[PDB]
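Bound complex of ATP-binding cassette sub-family C member 4 and methotrexate.
Numbers here are sequence positions counted from 1. Whatever order the structure lists them in is the order used to number ligands and atoms, beginning at 1.
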Amino acid sequence: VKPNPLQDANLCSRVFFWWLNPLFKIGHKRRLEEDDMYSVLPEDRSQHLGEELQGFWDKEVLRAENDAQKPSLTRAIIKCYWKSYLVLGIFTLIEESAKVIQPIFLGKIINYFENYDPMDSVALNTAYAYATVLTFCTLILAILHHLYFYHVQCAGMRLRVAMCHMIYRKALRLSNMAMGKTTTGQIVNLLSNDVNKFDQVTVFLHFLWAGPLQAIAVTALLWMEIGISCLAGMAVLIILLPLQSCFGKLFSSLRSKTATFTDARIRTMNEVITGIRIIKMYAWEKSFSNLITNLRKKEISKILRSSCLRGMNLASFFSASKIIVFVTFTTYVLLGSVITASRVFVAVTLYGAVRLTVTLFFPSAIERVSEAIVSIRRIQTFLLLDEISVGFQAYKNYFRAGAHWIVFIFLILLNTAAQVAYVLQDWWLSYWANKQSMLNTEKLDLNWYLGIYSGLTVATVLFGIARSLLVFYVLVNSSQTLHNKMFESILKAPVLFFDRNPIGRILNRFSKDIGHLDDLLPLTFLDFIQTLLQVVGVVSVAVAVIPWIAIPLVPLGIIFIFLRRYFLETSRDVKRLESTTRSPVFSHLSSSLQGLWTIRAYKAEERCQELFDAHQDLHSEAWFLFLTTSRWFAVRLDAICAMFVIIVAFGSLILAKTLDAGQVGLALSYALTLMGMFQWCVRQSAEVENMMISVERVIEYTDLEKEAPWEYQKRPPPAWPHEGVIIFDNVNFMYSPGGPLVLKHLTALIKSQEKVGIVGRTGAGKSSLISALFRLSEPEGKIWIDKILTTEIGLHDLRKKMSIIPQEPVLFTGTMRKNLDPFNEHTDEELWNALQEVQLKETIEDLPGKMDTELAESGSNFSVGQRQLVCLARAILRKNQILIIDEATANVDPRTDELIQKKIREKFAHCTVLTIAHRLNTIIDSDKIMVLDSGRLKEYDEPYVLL
Ligand SMILES: CN(Cc1cnc2nc(N)nc(N)c2n1)c1ccc(C(=O)N[C@@H](CCC(=O)O)C(=O)O)cc1
């Protein structure tokens, strides 16, 4: 078998994940296929995780049925995992208490600089001890966290597998009456969507009691430093809760109505791609073009508002750390107290540790718990029924299509000012403290120091909103300008491009690639850019105070570039492995429920359980590597993130004769916030480069094959088709320019007022002549028609002056007035005349509207009869000379074909009919008959010499 190195591995080797080093060496240069993944632990099998939960549930059902109450499933999980969760909670409490001691010991180092004496050896040792104590909370938070996180993540897959095991076990005991209601789709959905919500619940389950505790623990510490002025900092942070939720209820609505404009358009596409040979033959491209162009404008106008709302939300999330500090400190100063550099940065650190945690971790645990409870209720109600007895080019082509190169310089200059203001607003307070500490009653005027601070506070918000708005607009304009190019490039492709590519591929592209281009790209781009810009500012602030922290920065930054690549090279296969191991489980589940009555004949219902367990163990193995490979990188990242802080603190302490308290506090208060932003910035690039593939495959289009232009300046006479004379010569045809033939050298010439017919068996080149004079694939061979040719004329002025009767009639979703005449070139009464001349006016007045009656789903309300008859009515109203009749019959012998053939008898007056015959008797009193066998003709004038 495949033993895993997770076991038989001592301590101090599982905190750094040292047992996963060899696997990387295999994934770096060999592309492991399926047999380089380790097995699962003996306590992670399906049969072990399912039987104990089944026993607990069977005991709970009896316990809750003997006494008159309802059986509950939520208790059967707490009766099992309570010990594990409360054991894990110890480290949660430890790491939550460790995040409060750091700002307490941060303020004790600045106090040493505030009272400095160059001849003193007792306080330096105390400062070193304080630094050593502070240098360990970071290590505790950075190193020992990734094992507890892996454990709390693994604590969910066990339940996820145990639920599916008993679900499948129950799915084989359903009666014939209970199965008549329950479909296979809802069962595979319950097993495919409702059980996947148990993976992210245990991660956010510990915030419901750690939020309010930490809030009070920090609020109690602010009173000892500043006083009442902390309330002015806590009164704003609460207001952010109802404001960010109410507007949420305003956003979701704007997301729903847009769907109404998104699906319908797609539906229209499903009717233009299926039937190109009819739309292109009738020259009806402009109608569908105008019908499609109108919906995209409304879709963009509805998307812009939601984009602006999301941009405003992000701008409010960016610069929310400046209002609280400004308010609390102007309140603290206006009361009559003196500002010092010992409490400012401590309060800043406390506020920054509180607000993010609260406003990002509290409103999500409730959603997670609600989804989990809904899923658990569904699964419980299900089990209670009775039983039986890329590259730089991909970015350049995507960015340069949005705006000119001036807007890019403008947005760069706009992005490179918000961070400068963000840093200067906090530097001004350090300058104020340093200027105040140098006094000996010669007080400081508040006007200047309070006006500069307000200006620096307002500029930050302004430059934070403008950048987001501009970025969102520029990135939406790109999709707006690419969708067009896609449409007018795909609309002009020849029939050879549609006869080989499936419709589902094109529809899937047009839907999901444009959805990705419109919805999630600008948000992720802006978030990544903001999180990346937030780190260079911290690095520059750290460097500008101590210029000697630029020497180790190069070795600390060189390692990351290689580490990211060395990780991705082997991490870019776990997703494929997981999907390939996950799909067969659903496949087997869906295919095993149909042939179920034969599994009851031979009473073997436990072998299928073992097969299901074996199928799920592969997905379990493929999922076990994901968490470990994801945690392998965070430890090495946090190592550098903590070494940076250690170096900063110690190098700043060992230079206590050059610097002062304000700037050491400033440099120390920023280094404690890098660990989260670095992780977020590293994470966002993954999704960016993952979703750029849709952009790249969108740009794959917009440059395809193209037929001849629609029209030239070679205008034919306005009365060109006055007489039907079609000559021929030895023409050879090939669909592809280098494939086989389907037809060979039809040489003839058709007279005017002549009813010519062709006799042949299906497959000998009989159904390809309509593709010749319609030039669907421009061949060699010069075809003269009425003093002009068929090659030096545009495609529209050649197919419009010709009529065609299709084999199988097609109808589009619209009005009866538009289906017979999209481009209005006639009056009102002529439509009634042409429709009664073909003898159908029952259905119209049997219906109310009878002129604007919309159809539905390809007009299934009608039959082949009136469909063929309305195609005949189109041929009637066309008012044309050349008529090509095709015959592919599946209809019945009664009055339909008699009526249509009599109408083609008397209605058509002396107009050059070219007919294709499938039954030898449909030709009645023909004038010219040709027989076309397996590659040429034996043609004669009259049928009297044939037989
Ligand atoms: C706690 N937190 C949420 C978090 C952290 N910092 C923030 N910083 C800002 N400015 N805004 C936030 N939304 C924010 N959110 C985090 C922190 C790290 C990762 C993270 O990088 N996770 C990776 C681990 C790293 C990796 O595998 O590459 C993963 O496997 O999913 C996720 C969320």
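- The shell of residues around methotrexate (ligand 1) (heavy atoms under 4.0 Å) is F317, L360, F361, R564, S630, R631, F633, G676, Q679, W680, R683.
- In this structure, chain A contacts methotrexate (ligand 1) chiefly via UniProt domain ABC transmembrane type-1 2.
- According to the deposition, there is no covalent link from methotrexate (ligand 1) to a chain.
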